[PDB]
J.: 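The structure under discussion is supplied below as structure tokens; questions concerning it will follow.
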Amino acid sequence: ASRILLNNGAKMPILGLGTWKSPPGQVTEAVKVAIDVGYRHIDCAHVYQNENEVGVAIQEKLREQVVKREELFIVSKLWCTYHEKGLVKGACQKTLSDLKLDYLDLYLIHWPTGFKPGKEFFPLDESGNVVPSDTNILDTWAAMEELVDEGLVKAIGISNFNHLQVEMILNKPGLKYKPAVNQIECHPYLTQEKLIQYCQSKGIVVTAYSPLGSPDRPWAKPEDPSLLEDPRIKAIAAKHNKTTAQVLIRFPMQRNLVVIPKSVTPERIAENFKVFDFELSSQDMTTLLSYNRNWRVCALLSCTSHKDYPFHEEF
Ligand SMILES: NC(=O)c1ccc[n+]([C@@H]2O[C@H](COP(=O)([O-])OP(=O)(O)OC[C@H]3O[C@@H](n4cnc5c(N)ncnc54)[C@H](OP(=O)(O)O)[C@@H]3O)[C@@H](O)[C@H]2O)c1
Ligand SMILES: CC1=C(CC(=O)O)c2cc(F)ccc2/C1=C\c1ccc([S@@](C)=O)cc1
């Protein structure tokens, strides 16, 4: 069952390709291979610094008539330095330009935290803390809504929002378009039951990022755990004649989540897609859920004093 119906009426493929850390000289081939082997959803962001190269791939596959534009589901994200209402459209248009698209299927507020505008993605002061902007979630949301009305994006959503921040938007005076998606970190070590149930209860689809535990994240430490090497998960994969990665990808799918594993390795791109031919039992699902440790690999530790930092709240 390969697409989920969003609250904007569009169908989103439940498996997509992640692109954070995909080197610019490797990501065009990664996305080409992905489309060839059946991916129809690509997760992008301006801050990843590789959208031009992602776009080359998409355009070549459209030109080759491997796929039609309406069959693709392209996602990107508004970076923190563009939260001011007057900057949102230009940020979207830069992403559209780089991706070689005339619309996005989904555009997310990447984080609830606005930063001072400028050339620096992470403008810093002396204490190691980010320089905020005096922007707020609701005004940025209104600017996102304008993108729908101007035809630049088919759906808007959020990422890394806690349930109180989602509630803020849902309670917005004059709300025109509800968020379609909340994209959050989710894997067996950070199972997210409370936030997922909240979002799903509101008709908001959850996308699970870092489903393999982001082993390539640049701040990984040698003592940190590794989902791909967890012998309990290895054992579940063996029972099914699948890889650990395949179990880690199938897991969120069975929770009615979208999942976006990243790879630049052609064999793994193909492996990661081969997750529609097996099912985890309910007992296996509950067992995987039992591995939760509240272990977050993307904690945005330079922004813990920002007024809108999302991870002080329980969920
Ligand atoms: N919204 C947000 O704030 C946010 C935050 C984080 C991530 N995301 C999105 O979510 C995507 C996925 O998360 P992520 O990039 O953090 O990490 P991930 O998908 O959990 O893990 C990617 C790592 O796993 C490796 N890998 C992939 N498939 C494998 C397989 N079958 N066997 C063994 N190793 C495998 C990759 O290696 P190779 O590439 O070398 O094959 C890479 O090192 C991102 O790329 C981005 O699109 C969003
Ligand atoms: C969590 C995270 C992500 C993941 C993502 O969105 O997919 C990311 C992606 C990028 F392209 C660049 C930075 C980040 C980041 C956190 C982070 C990194 C360095 C700093 S420096 C200011 O010390 C601060 C925060």
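By the PDB entry numbering, chain A shows 1-315, in order. Remember, it's 1-based here, ligands and their atoms both numbered in the order they're listed. Just the heavy atoms: all of them, side chains too, but no hydrogens, waters or symmetry mates, feed the values below.
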J.: What does the PDB call the drug placed at ligand 2?
T.: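 PDB records name it sulindac.
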J.: Give the name from the PDB entry for the chain that makes the most contacts with sulindac.
T.: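 The chief chain, as the PDB entry names it, is Aldose reductase.
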J.: If I apply the N/O under 3.5 Å rule, does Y48 come out as touching sulindac?
T.: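 Yes.
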J.: Hey, which atoms in sulindac end up nearer than 4.0 Å to a heavy atom of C298?
T.: 1 (C)
J.: Which UniProt substrate-binding residues in chain A are reached by sulindac, meaning they have a heavy atom under 4.0 Å away?
T.: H110
J.: What residue and heavy atom of the protein are closest to atom 13 (C) of sulindac, and at what distance?
T.: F122 CE1, 3.9 Å
J.: Say whether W111, considering both its backbone and side-chain N or O atoms, lies within less than 3.5 Å of an N or O atom on sulindac.
T.: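 Among all N and O atoms of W111, none is under 3.5 Å from an N or O of sulindac.
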J.: Counting heavy atoms only, which part of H110 comes closer than 4.0 Å to sulindac: side chain, backbone, both or neither?
T.: side chain
J.: Identify every other ligand or ion with an atom closer than 4.0 Å to sulindac.
T.: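 The other ligands and ions are ligand 1 (NADP nicotinamide-adenine-dinucleotide phosphate).
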J.: In the protein, what heavy atom is nearest to atom 2 (C) of sulindac, and what distance, to one decimal place, separates them?
T.: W219 CH2, 3.7 Å
J.: Checking contacts now, so for atom 23 (O) of sulindac, which I'm interested in, is there any protein heavy atom under 4.0 Å?
T.: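 Given the 4.0 Å cut-off, atom 23 (O) of sulindac does not count as touching protein heavy atoms.
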J.: Is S302 close enough to touch sulindac? Criterion: a residue heavy atom under 4.0 Å from a ligand atom.
T.: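 Yes, that is the case, since the closest heavy atom of the residue is under 4.0 Å from the ligand.
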J.: Wondering about overlap here: which UniProt-listed NADP(+)-binding residues of chain A have a non-hydrogen atom under 4.0 Å from sulindac?
T.: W219
J.: Quick one: nearest non-hydrogen protein atom to atom 9 (C) of sulindac, plus distance?
T.: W20 NE1, 3.0 Å
J.: Among protein heavy atoms, which lies nearest atom 11 (F) of sulindac, and at what distance?
T.: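 So the nearest neighbour among protein heavy atoms is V47 O, 3.1 Å.
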J.: If you take every non-hydrogen atom within 4.0 Å of sulindac, which residues does that pick out?
T.: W20, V47, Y48, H110, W111, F122, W219, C298, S302
